[PDB]
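Check out this one - bictegravir stuck to Chimeric Sso7d and HIV-1 integrase.
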Amino acid sequence: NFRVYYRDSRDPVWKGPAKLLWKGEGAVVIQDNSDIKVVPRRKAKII
Amino acid sequence: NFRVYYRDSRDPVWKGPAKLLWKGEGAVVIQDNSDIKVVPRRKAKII
Amino acid sequence: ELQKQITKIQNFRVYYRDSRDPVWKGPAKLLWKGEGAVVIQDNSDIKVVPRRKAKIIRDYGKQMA
Amino acid sequence: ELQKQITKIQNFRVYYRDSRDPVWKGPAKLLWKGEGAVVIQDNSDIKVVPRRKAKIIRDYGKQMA
Amino acid sequence: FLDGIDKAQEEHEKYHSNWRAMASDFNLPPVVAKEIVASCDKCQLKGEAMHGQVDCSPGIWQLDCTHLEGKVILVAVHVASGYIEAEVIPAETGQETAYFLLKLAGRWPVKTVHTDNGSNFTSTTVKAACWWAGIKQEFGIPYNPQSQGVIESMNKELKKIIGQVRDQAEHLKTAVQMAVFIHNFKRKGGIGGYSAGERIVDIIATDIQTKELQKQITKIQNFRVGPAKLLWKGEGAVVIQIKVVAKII
Amino acid sequence: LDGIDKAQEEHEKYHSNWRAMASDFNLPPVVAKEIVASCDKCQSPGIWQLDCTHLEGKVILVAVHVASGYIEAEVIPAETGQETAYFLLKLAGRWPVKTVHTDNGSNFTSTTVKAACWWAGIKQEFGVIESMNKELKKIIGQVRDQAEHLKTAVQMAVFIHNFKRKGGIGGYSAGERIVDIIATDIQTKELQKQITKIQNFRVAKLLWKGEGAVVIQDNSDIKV
Amino acid sequence: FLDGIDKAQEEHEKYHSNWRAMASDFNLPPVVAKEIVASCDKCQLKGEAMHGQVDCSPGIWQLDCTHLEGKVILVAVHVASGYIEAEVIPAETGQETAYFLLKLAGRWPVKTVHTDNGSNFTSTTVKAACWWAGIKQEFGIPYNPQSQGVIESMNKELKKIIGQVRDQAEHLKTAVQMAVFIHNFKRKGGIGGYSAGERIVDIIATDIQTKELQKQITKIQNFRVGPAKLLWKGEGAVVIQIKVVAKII
Amino acid sequence: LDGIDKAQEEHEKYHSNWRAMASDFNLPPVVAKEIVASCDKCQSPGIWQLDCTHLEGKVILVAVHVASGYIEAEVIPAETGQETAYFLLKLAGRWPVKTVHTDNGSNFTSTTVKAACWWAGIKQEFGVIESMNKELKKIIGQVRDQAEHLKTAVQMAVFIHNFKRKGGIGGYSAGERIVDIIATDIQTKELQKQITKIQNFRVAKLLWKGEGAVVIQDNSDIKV
DNA sequence: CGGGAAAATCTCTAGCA
DNA sequence: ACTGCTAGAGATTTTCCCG
DNA sequence: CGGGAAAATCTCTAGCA
DNA sequence: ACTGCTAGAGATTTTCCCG
Ligand SMILES: O=C(NCc1c(F)cc(F)cc1F)c1cn2c(c(O)c1=O)C(=O)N1[C@H]3CC[C@H](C3)O[C@@H]1C2
Ligand SMILES: O=C(NCc1c(F)cc(F)cc1F)c1cn2c(c(O)c1=O)C(=O)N1[C@H]3CC[C@H](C3)O[C@@H]1C2
Ligand SMILES: [Mg+2]
Ligand SMILES: [Mg+2]
Ligand SMILES: [Mg+2]
Ligand SMILES: [Mg+2]
Ligand SMILES: [Zn+2]
Ligand SMILES: [Zn+2]
Ligand SMILES: [Zn+2]
Ligand SMILES: [Zn+2]
């Protein structure tokens, strides 16, 4: 189980935590509040 | 004797050539068309 | 036969990259080319590089040797 | 006398930088402090660093040794 | 020191001090202070300091609309070679992007196009053109242009070359085609000392030749090395179906 | 090395081209090229053909790579010199065009097309284009129903001709054929560069300088 | 091959091809092709790939106005330590910058202020305040914020900390002062594992102590090592007035 | 090392503080601190004082560092609790403020100042401030002519008091004095951290672990 | 083998907007 | 389940060429 | 000396707008 | 005649601690 704090779209604020659904090299797929998002690993921190 | 081609102020076009009056680390002082300018070495090429 | 063809496919050069190194590694020797992977020999090291990470060329500067 | 004062001024640490290396070098030993230059000893190398390129501190983590 | 942990918790709830400040001030081991910081949602404000790597297969292209002199230039690049195709389009509509993309797919073997989430590329018109020509549509992360780092970079270079030939042409489309010519055939350097045109020809000819060579090789070699398949037998290694491992049959 | 005089004998009896003697005997291409160039018995890829076809009242510029059949068509709004020069500049930027053959039309001899050819470095010289206009018109008539405008139908026909119609000797498409032809052209140009680079050196014509063993042509006898 | 040089000149006048393309196409040595490129004014479009290094003397500060929530925050940083002083000012006028700067110079030993070419800092009011307090005014290259890379960076961090404490305060000035407190005393790490406040205290106390120590040392040591001055005598080196050279007197 | 028992004897006869025995005998500060703490004969920097002065009808918050005399003044528009809390938060962010002494005014006992002190971690406790208000008023009266507003004159007076008026024992200014005092405070805090870090270890109290030689206090006798 | 010179590789940056 | 890159300007390491 | 664990250093990135 | 930097997140090299 992981927590993901991400930066979504032109929005300087960071959101989270979100469940990590998939981790590839370069980007991750997470699930935040029943919405699935795909965020680059530069704009996401995983705990 | 040197030639300097520089980028002046928020202007994407490059100007030159200009006489190199002084070369320090980080910036240079040049003379272009009877006007003395000080340009960082990132925005100047010296021949 | 097939040994000539294996030498032919080894005559090809591959410029690959690792998963977290942003610079293109040198011209390894192509041993095998698959649909998703590519077996290379670089500095006597046999690597399996993903297909999306390799540029395979026959450098036409091979007209020298 | 003056040897104690020279040891005192050598007790200070200097974090300097070279003209084209953007990373701060380690804590060299301050041998001499001038108005425009600073003589340091880093890895048994005596350097003359410009004053604008050095942060001289007495690291108060010296309360350990 | 677990009372120091409580004090550090109650003080991080106020100042949001980093792990080193809490380790120094409350005599906490670095692990405990780092965990106190990692449990605060307000302190997770920095991402991983790395970069991805775009797909550079020989069949993937990257497309992007740039703007110059109040006109729209639709540009495409071959990610594996840097071969560019640019056109000044009358509008940024998807009906023009579909035409440009169908033309490109007719000229070169386009297997995949990677674009941003511009309306031009996201439309049903470009979606039908790709389905007809057999192209796969890949879209980058929304508002993450680094996913298209190749084509965006080429944008720069394209514009650069245009600035060097803008006075040789009377119209912008002529200058754009001049820039495409100069980039593809008058600028050498890269993974082979090639130009972009020589490099795309090498890439595609090599893809075809190696595909046929391997299809002829696997058709002859029948050796099981569990009962895997022999991919390549070497003097000090044996590749199987893919690891670099033997009881070759 | 040990295959030089052998390949000389094969070319004495079989007269294989230098590309065969090179890869079959591990010879550097310069050595095999001098072998084939030392014989008495043995002593295109940039030619395009342009035309204008009229279909559905529209004008279509068609450019054929005579060496491979690779076609390239564009529905232009008018049969004027400006659009012909634009098409030619596009093509020359896309492919290595060296010579264009035209039917002496009013839009091919205009000054604008001449300037475009001069800039791109194309030689303008005034049978294949007719047959491939016929084939392109047939493909357009086949796939006209799947398009609302004629330009997209023309592009679909170009796609089908360049990558879906396979034939010829080995069953390749026009795209594979043109990419192979341009690849051999690049090899020829690189070999000519390598040959010109070492014709200035005198050792006894130099042919190749390997690890420490130079290849020489002395008294027209290759001597390593 | 000097006719190849003429052909390459005449073709670079058209395509502006780089040195490698002209060296490959016309059999030119790299020097000749590079000189053909270097003689074209249109091809000089890239600067040196380096970076300068800001002045980090113990007496230099860097000032900058940032904006947050429609309000102006005048920030100053001690370049040698990272100690920040920020104030929400009612306007970006130079009459307020002079007040902020005179206050700062009264609080700390400010010897030099390095600012951008904002009207606030370029005014006659800030020029009179600096002349009174004895400060030296340094301005960066116009439209080159990297010259102020320290303070600009701090801007970011300041804003960052504000975003972590914006809900603890009812006004923006209170949150700015909270952020200054947190940065100067609740964030450790750097050249000493210090906070910015501990680091500025160390920097300034060290400057004073070393100045007095050296003033007492040179007053005693009188040794000529031409007849230079002995700065430091070592076991394997001797420093003179400054090289690292002996006939010490 | 060889100076431990020697420094014990000096402290037996001279009773020097640990800062002297440390640098004069090359002892780690923990060892000298245990030496001074093992004797029977031997067994402030964060205190500020705030007040409000009235001048030219304006209200000026004056904060004095009691340990060094370093003054810090600010002309505030009103003598209310909000501006006092703002001044206190500014000061606490600028300097390491640990305790504030006030004259029990209406603007120092307000809930806002209490909340500011609670946030910044300041202890509010309710002679030096009077003398330095007098001195600051004298400097303001001296330099009032060079200013158009009273706030800039107050800042000029603060500058002159903190960096131009030198006196005391060694002829230092208030700024040098406060920076030296805060430096010794930082040294004290770091030494207390180092002492607390090694009081958990039992070897026989541990005092210092150098290269391979530990310093021990066994039976209240320091034994390396 | 000893350097000098030249080619090859490494390092780093701006613009893409 | 996806992803910075590219070409140029200096600097520095490697290679080659003659003795 | 042989590892394991932990601390220290190195590498790299975004925002500063 | 002036000049990118800073702090955090992982990765990797160094050091220390017990046998
Ligand atoms: O920031 C851009 N370039 C500069 C840049 C870069 F190239 C690469 C980097 F690593 C960083 C950079 F700063 C850039 C932004 N956008 C679009 C671009 O094509 C584009 O290049 C675009 O088309 N859209 C549409 C899709 C949704 C709407 C319309 O918003 C986006 C915004
Ligand atoms: O681009 C800015 N920051 C972002 C940034 C950075 F911080 C550091 C980088 F290496 C790169 C960056 F992109 C930035 C721009 N300007 C001013 C700033 O303070 C400022 O930070 C400013 O005050 N002026 C005035 C002086 C003349 C007028 C008014 O135009 C300038 C514009
Ligand atoms: Mg776009
Ligand atoms: Mg773009
Ligand atoms: Mg500014
Ligand atoms: Mg700024
Ligand atoms: Zn927190
Ligand atoms: Zn023959
Ligand atoms: Zn040019
Ligand atoms: Zn005592």
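Below, chain A is the first sequence line, B the second, and so on; all start at residue 1. Header lists the method as electron microscopy, 2.9 Å. All values below were derived from every heavy atom in this structure, side-chain atoms included, with hydrogens, water molecules and symmetry-related copies excluded. Order of listing sets the numbers, starting from 1, for every ligand and every atom in it.
Bictegravir, all copies counted: located at ligands 1 and 2.
With heavy atoms closer than 4.0 Å, the chains neighbouring bictegravir (ligand 2) read G, K, L.
The contact residues of bictegravir (ligand 2), taking heavy atoms under 4.0 Å, are given as G:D64, G:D116, G:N117, G:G118, G:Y143, G:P145, G:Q146, G:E152, K:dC16, K:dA17, L:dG4.
Neighbours of bictegravir (ligand 2) under 4.0 Å (other ligands and ions): ligand 5 (magnesium ion), ligand 6 (magnesium ion).
Name assigned to DNA chain L in the entry: viral DNA non-transferred strand.
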